[PDB]
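Heading - 4-methylumbelliferone complexed with Acetyl esterase/lipase
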Amino acid sequence: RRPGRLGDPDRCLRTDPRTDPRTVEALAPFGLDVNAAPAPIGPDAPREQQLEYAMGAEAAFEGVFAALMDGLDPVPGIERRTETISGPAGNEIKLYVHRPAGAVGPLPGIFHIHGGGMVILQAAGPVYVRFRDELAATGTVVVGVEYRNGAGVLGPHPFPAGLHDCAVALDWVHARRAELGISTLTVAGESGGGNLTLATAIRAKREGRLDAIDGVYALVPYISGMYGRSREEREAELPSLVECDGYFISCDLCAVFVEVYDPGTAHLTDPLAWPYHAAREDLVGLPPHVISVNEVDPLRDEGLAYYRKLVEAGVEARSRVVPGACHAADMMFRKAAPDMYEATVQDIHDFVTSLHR
Ligand SMILES: Cc1cc(=O)oc2cc(O)ccc12
């Protein structure tokens, strides 16, 4: 009958007949081809224990991402620099700059915001280094921002610390397009980085900084903040949150990460924390957007809802789905599913080359 865990509650990535089997075998060594056990902590646990759990999850997932990137030949012909800038709280923000060696003029720029639920993972990590090199290789200038995290080794900094860091870093890059070899400038990211990407555009309109943004490309955005709702509430509003729950990511662990990001959840309905809540007023006048969602991702339906909201607001919006893809499959499986990876890289390349100032 119904797809995924709507039809059979025990279905997992391996047993869903829609999953790209290459990705199932790629996740098998880590035990990530099946549903994780119910998370042993919840959103009402003491914050000290939530931050401990997040620190562990970060160390484990950084291990998995390193192993998924191991065995690849490096992307050839990329020049890299690290710049350090002052953040708004006296923090240092690192910028990782990638460009094709020997470019003869300006190229489209990509301001890249990494995922990890705005709480964990480093832009310095091999999965994001690889993604920035791959985008640079197509003929772009990529700047990866290392913002404050809600948790883990770059934490703990609640909302809106990371968002403010992204703002300051975007302004720093915009101010320097000529010396950085940048034509147009696109803000892009996946999952939590998709969240900060969409919020960065909403915030830039409010603050009169839209000149910094020619385009927005959000992949598998993590934007509803609704992971802690009941199975029935989730199914009523965003059925993918039940259909594909536990497929690589789990609503129970995300619900912890929501509390970690915004302790006391005073921002649960604030579109700068959870862009799914954007009003028409928040989206009118925003520059061109792409929303890329993944077929067997529990976040699929909140990404589709955001595309619909952008269209309703008159934004020059596009959307695509990656068939057979779990959450972020198109950025994790460079080894096991290179065609899926290449297709997303090329779609982003095509988008940024389409823009004019
Ligand atoms: C790797 C990872 C990053 C995140 O922000 O959230 C998650 C949630 C999960 O259930 C499983 C993995 C992650």
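Following the PDB entry, chain A shows residues 12-368, kept in their order. Indexing begins at 1, ligand by ligand and atom by atom, following the structure's order. When reading the values below, keep in mind they use all heavy atoms of this one structure, side chains included, and skip hydrogens, waters and symmetry mates.
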Check your understanding: In what form does the model contain 4-methylumbelliferone: which ligands or which chains?
Key -> ligand 1
**Report entry** Residue, atom name and distance, where the atom is the protein heavy atom closest to atom 8 (C) of 4-methylumbelliferone (ligand 1)
**Finding:** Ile260 CG2, 3.7 Å
### Task
Give the residue and atom name of whichever protein heavy atom lies nearest to atom 6 (O) of 4-methylumbelliferone (ligand 1), and the separation in Å to one decimal.
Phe268 CE1, 3.5 Å
Original post:
Mind checking whether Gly127 has an N or O less than 3.5 Å away from an N or O of 4-methylumbelliferone (ligand 1)?
Top reply: yes
At the 4.0 Å heavy-atom cut-off, does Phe259 count as touching 4-methylumbelliferone (ligand 1)?
-> yes
Ligand-side contact atoms (4-methylumbelliferone (ligand 1)) for residue partner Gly128, heavy atom cut-off under 4.0 Å: 5 (O)
Starting from atom 10 (O) of 4-methylumbelliferone (ligand 1), which protein heavy atom do you reach first, and at what distance in Å?
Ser261 N, 2.8 Å
Does the entry model a covalent attachment of 4-methylumbelliferone (ligand 1) to a chain, and at what residue and atom? none
Working on a figure here: which residues of other chains come under 4.0 Å of 4-methylumbelliferone (ligand 1) (heavy-atom distance)? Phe72, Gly127, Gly128, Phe259, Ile260, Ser261, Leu264, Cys265, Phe268
